[PDB]
Structures are given as C-alpha cells and as structure tokens.
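Here the structure is laid out as structure tokens; the discussion comes afterwards.
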Amino acid sequence: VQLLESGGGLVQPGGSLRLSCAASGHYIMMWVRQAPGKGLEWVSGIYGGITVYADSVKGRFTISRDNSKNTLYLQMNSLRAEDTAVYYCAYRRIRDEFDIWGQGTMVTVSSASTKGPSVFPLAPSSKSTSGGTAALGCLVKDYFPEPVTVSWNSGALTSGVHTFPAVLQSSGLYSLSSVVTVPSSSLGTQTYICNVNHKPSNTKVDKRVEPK
Amino acid sequence: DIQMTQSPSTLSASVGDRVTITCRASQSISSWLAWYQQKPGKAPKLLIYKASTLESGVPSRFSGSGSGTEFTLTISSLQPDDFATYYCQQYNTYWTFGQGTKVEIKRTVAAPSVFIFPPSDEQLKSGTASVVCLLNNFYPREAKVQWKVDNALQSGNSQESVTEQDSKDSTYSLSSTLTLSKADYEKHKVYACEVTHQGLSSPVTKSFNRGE
Ligand SMILES: [Cl-]
C-alpha cells in the first residue's frame with residue numbers, strides 16, 4: 001500500500017482547498033492534522049459511507065471518497081489561521097498492517113506575500129562576554145514563507161552555532177536568530193559573517209558582525 | 001467528548017533504560033487504544049493496537065498493557081532510535097489523541113550562559129526594536145526568562161524559541177526576543193533579562209542601558 005497526498009498550499013483566510021489522498025497497492029479512512037508545535041488532532045473520518053467530524057471543523061470541512069479512483073478527499077472551506085497544519089490521511093483495517101499513513105500535505109492559511117528577511121547584527125560586547133567566551137549572531141526578521149537557512153563564514157564555522165526555530169509574529173511574518181559562541185580572544189583576530197538565504201524571495205545576504 | 005491524557009509530558013532517560021508512559025481516558029474505552037511514535041518532520045508510526053497487539057514489523061522491545069481507563073506503553077531497553085514523541089489514541093468513538101510524551105536524553109545539570117543583545121541602530125531606523133536574550137547550552141530544558149524594563153516586569157511583548165537537544169552534548173539553547181516600537185523603546189533606560197534555572201543557585205540578570 002502507498003497513500004499519495006496532494007492539494008495542500010497557501011491560501012488567504014476565508015479561502016478554500018481540496019485535499020486528496022490516493023491509494024495504490026473494508027476500510028476506515030481518517031484525516032488527522034498537526035499544527036506547528038502542537039500535537040496530533042483527529043479531524044474527520046469515513047467508515048455505507050458514514051461520515052463524522054471533530055467539533056473544530058464541523059460545518060466547514062467535508063470528507064468524501066471516489067471508489068473508482070481509489071481516492072479520499074477533504075474539502076476545506078472558510079479557512080482560518082488556526083487551520084495551518086500538516087494534514088495526514090490514514091487508512092485503518094476494518095496486509096498484516098493495521099494502519100497505513102500518508103506523508104502529509106502542508107496547509108498554510110495566511111494573507112502574507114513572499115518577502116525576504118531583514119538581517120540585523122547581534123554584536124558581541126561586554127553584555128555578551130562571560131569568562132573568556134563571547135556570543136554573537138544575526139537576527140533574521142520579517143520573512144515569508146518558511147524556510148531560511150543560515151551559515152557562518154560560508155560553512156567554515158559550525159562549532160558552537162545554534163540557529164533557532166522560527167517564530168510566527170503577530171504581523172504574520174516569521175523571525176529567527178542564529179547565534180554562535182567563540183573565544184573572546186578571537187574577537188579582534190577573526191571576522192564573523194552570517195550568510196542568510198531565503199530561496200522563495202531569491203535573497204542571499206552576507207552580514208559582518210563587528211564587535212563593540 | 002473522550003479526553004485522553006498522558007503522563008509524564010516529558011521523560012528523561014538513558015540508552016538501555018526501561019521506560020514507561022501512561023495514558024488515561026475520561027471514560028472507559030475497553031481495549032480500543034493505540035500507541036504511536038512520531039519523529040520531527042514525519043508521519044506518526046503505529047506501534048501497538050488493541051492495547052497490547054504489536055503492529056507488524058515493530059520491534060519487540062515495545063509492549064502495551066492495560067484496559068478501560070488506564071494504559072501503559074513499556075519500552076524494555078531504550079535505543080537511540082526511540083528518543084521521540086509518543087501519542088496514545090482512543091478509537092472507541094472516532095479517534096482522539098493524547099497530548100504527547102517526549103522521551104529525551106538524560107544528562108548532568110548544566111546552567112545556561114546568559115547573553116543580552118541591544119537592538120542595532122540599523123534596525124531602529126526600521127521603527128522597531130528587538131532585544132534578544134540568549135540562554136546557551138543548558139540542561140534540563142525547563143527555564144524561565146523574565147524581561148524587566150527600568151525594573152518593570154514585562155508581559156505579552158516577547159516570544160521564545162528553543163533548539164532540539166544537541167546531538168553531541170545533549171543540551172538545549174533558548175532565545176527570548178522582546179519587541180517594542182522605536183518610540184516605546186526610547187521611553188526607557190534599563191533593559192534586563194532575568195533567568196531562572198535548576199543549575200543557577202539564584203537568578204541571573206543581564207542588562208544594558210539604552211545608548212550606553
Ligand atoms: Cl484528537
């Protein structure tokens with residue numbers, strides 16, 4: 001068995017999408033979703049063609065199947081920010097496998113447009129210098145959509161580097177910082193440059209982070 | 001209406017340890033309980049169904065026990081592949097998932113090194129000020145960050161982000177970002193980040209004076 005999912009994408013609030021999950025190779029079929037940072041959430045099922053819904057989506061989503069196409073659908077109307085999630089389909093036996101899961105399709109509900117990040121220095125100073133070690137970094141702010149990547153010194157500095165998971169701001173744009181700890185002794189010797197790439201906007205930025 | 005609650009929410013363990021996760025139902029679900037494993041970025045994988053039946057191809061170190069309202073997943077000897085998040089699911093009435101239990105790698109206590117970064121003059125020209133507080137390479141994950149602006153405690157104007165456990169040293173790092181308009185930022189002098197953590201015998205504060 002394989003389940004092939006599609007139909008996920010970016011849509012503005014109030015918009016609609018139709019997800020598909022096509023089987024290859026008795027049933028109960030489910031849709032289950034996972035918002036960023038959150039747990040699994042069952043949202044709809046079809047078992048006669050009996051259909052059921054979670055309270056969170058009832059009245060907005062509709063589950064159906066086309067037996068001739070071996071394909072399960074989820075029609076999603078009146079979408080909201082909180083519907084942003086990865087949507088999985090799962091087939092449950094009613095092979096020796098009890099479950100078959102799809103790989104997921106991403107749904108993003110937002111009116112933001114593609115936008116490259118700002119890149120601001122996080123300069124080392126006495127306020128970021130503890131016992132021979134200094135911290136420095138770059139703040140990669142106000143981009144859409146995910147993802148960005150950050151390197152240091154074009155990949156030459158990897159030790160001590162932490163690039164944080166993005167947060168969604170109330171503006172609807174993403175932000176993250178990337179930081180590195182180095183010897184405070186290296187601050188006048190060695191140069192530190194963050195290399196930021198945001199493929200969706202064709203943005204590639206190099207920023208030198210100079211010590212105070 | 002069937003609520004599923006797991007305990008603990010996070011468990012810290014070592015390779016070779018025997019580990020137990022509990023799942024409770026708000027009303028009896030008889031033996032209609034499944035356990036899942038999920039890794040970051042991936043569809044969940046079924047481990048156990050009908051409370052105690054091992055799914056095809058799942059390692060024999062996983063086992064499930066219990067019935068009615070109380071269930072247990074046991075991993076007899078933990079392996080590196082097993083650090084992950086685990087979800088129970090009731091399927092008495094539709095599907096409902098528990099909130100997840102994260103199994104992470106135990107190590108010694110390590111206090112965070114704390115660093116504060118004022119906003120760049122460069123950003124201030126944007127009309128916004130981001131003040132960044134970094135907590136680096138600490139364990140365990142639980143920590144508290146308070147922002148204080150001229151000794152006044154702040155709320156609702158910050159966002160946190162945390163890394164996944166480091167693959168070499170098993171620590172976490174955390175960023176907290178305070179965001180203010182330029183005008184609001186210019187009203188105050190002293191900006192401080194106060195950090196509480198098990199490894200610190202008292203809270204650590206890093207601070208600066210705007211412009212100094
Ligand atoms: Cl659920």
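Numbered from 1 within each chain, the chains take letters A, B, ... in sequence-line order.
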*asked:* Okay, my options are REGN10987, RG7155, DX-2930, TB31F. Which one is at chains A and B?
replied: DX-2930
Quick one: what name does the PDB give chain A? DX-2930 heavy chain
Hey, what does the PDB entry actually call chain B? DX-2930 light chain
